[PDB]
Amino acid sequence: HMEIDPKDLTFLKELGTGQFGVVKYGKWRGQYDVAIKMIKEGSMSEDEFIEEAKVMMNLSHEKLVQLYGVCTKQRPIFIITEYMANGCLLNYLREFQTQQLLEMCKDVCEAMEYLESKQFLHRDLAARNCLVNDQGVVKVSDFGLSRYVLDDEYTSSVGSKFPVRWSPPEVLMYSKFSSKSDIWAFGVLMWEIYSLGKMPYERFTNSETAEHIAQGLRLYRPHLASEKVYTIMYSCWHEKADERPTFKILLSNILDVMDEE
Ligand SMILES: Cc1c(-c2c(F)cc(C(N)=O)c3[nH]c4c(c23)CC[C@H](C(C)(C)O)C4)cccc1-n1c(=O)c2cccc(F)c2n(C)c1=O
């Protein structure tokens, strides 16, 4: 537990509004640049999140957005994190050489291999919650947070905000989350990266996407992805969770394609 005193925070710029409300840029104890997420009441199970936040502090990796602490002796609670000046990867992609696109995949895969080693599920990996720092390094953010979301539009499988397009068959059929459902989502993320932020299965509704996936249909090769890169993303989408690679394997596959291309 790392309780941050709000008196040690400054509020310097408004970054916008996310799923949980207002996000600000500020400084913590004049030392760290931070993002301050102000968690609107009724949007998150705070008690359950606060228990898990102690586990989230201990997660430390260069490619994971660092949790610095929380402000919980008030409502709304604040989540204090590492500041990523270029915002989310989806908007960064939408605003590159093929080598830079693979380095973005490598960055995320390093973070995911670390989470996989800690048996910590992200649960909602996608370009919208990967963040980009001032040097163009991509880092994974909001890992594990979707388990504490209270809005039905995000939690229900038929909700308007459920990430159907990033979900494997066992999630759509049984809500069975595992390291292998994070692998599936990672493949969709690689597709997003190589498609410069296009929506996956854009031609389909969420209901039509679940049906397409049930028939064995998969996302097509983006033109910026080579055959070797597409083989990696496609390996993430095996119908059987047990036949999907680990993040450890994926990272080795990515490093091989980099050295070769
Ligand atoms: C990421 C995000 C943040 C956000 C955050 F949380 C954490 C940090 C960090 N740790 O530093 C952070 N840093 C910056 C932002 C930001 C935003 C951009 C800033 C600049 C300086 C570049 O203007 C820099 C804040 C509000 C909304 C969203 N946001 C989006 O911007 C977004 C887009 C498409 C699609 C989506 F789904 C999106 N969603 C849902 C969403 O929450």
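Numbers here simply count residues along the sequence, with the first being 1. Atoms within a ligand are numbered from 1 in the order they appear, just like the ligands themselves. Side chains included, hydrogens not; waters and symmetry mates left out as well; all remaining heavy atoms used.
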**Q** Which drug name is given for ligand 1 in the PDB records?
**A** BMS-986142
**Q** Please provide the name that the PDB entry uses for the chief contact partner of BMS-986142.
**A** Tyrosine-protein kinase BTK
**Q** Determine whether the side chain, the backbone, both or neither of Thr17 has a heavy atom under 4.0 Å from any heavy atom of BMS-986142.
**A** backbone
**Q** May I ask you to list the atoms of BMS-986142 that are less than 4.0 angstrom from any heavy atom of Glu82?
**A** 9 (C), 10 (N), 11 (O)
**Q** Give the UniProt-annotated dasatinib-binding residues in chain A that lie under 4.0 Å from BMS-986142 by heavy-atom distance.
**A**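 By heavy-atom distance, the UniProt-listed hits: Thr81, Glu82, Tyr83, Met84.
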**Q** Compute the shortest N/O to N/O distance between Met84 and BMS-986142 and return yes if it is under 3.5 Å, no if not.
**A**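 Yes.
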**Q** Should you measure from each heavy atom of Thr81, which atoms of BMS-986142 turn up under 4.0 Å away?
**A** 10 (N)
**Q** Any N/O of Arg128 closer than 3.5 Å to an N/O of BMS-986142?
**A** no
**Q** Would you mind finding which of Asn133, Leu89, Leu15 brings a heavy atom closest to atom 12 (C) of BMS-986142?
**A**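 The nearest heavy atom belongs to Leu15.
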**Q** Per UniProt domain annotation, where in chain A do most residues contacting BMS-986142 sit?
**A** Protein kinase
**Q** Find the residue among the UniProt active-site annotations of chain A nearest to BMS-986142; state the heavy-atom distance to the nearest 1 Å.
**A** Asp124, 8 Å
**Q** What atoms of BMS-986142 come within less than 4.0 Å of a heavy atom belonging to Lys37?
**A** 6 (F)
**Q** Should one rank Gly87, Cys130, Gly16, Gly18 by closest heavy-atom distance to atom 18 (C) of BMS-986142, which comes out on top?
**A** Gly87
**Q** Heavy atoms only, cut-off 4.0 Å: how does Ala85 contact BMS-986142, side chain, backbone, both, or neither?
**A**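 For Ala85, only backbone atoms sit under 4.0 Å from BMS-986142.
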**Q** Help me out: UniProt ATP-binding residues in chain A, which have a heavy atom under 4.0 Å from BMS-986142?
**A**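 Those UniProt residues with a heavy atom under the cut-off: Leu15, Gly16, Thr17, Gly18, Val23, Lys37.
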**Q** Which residues from the surrounding chains have any heavy atom less than 4.0 Å away from BMS-986142?
**A** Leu15, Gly16, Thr17, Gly18, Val23, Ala35, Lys37, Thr81, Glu82, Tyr83, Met84, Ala85, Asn86, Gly87, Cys88, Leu90, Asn91, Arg128, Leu131
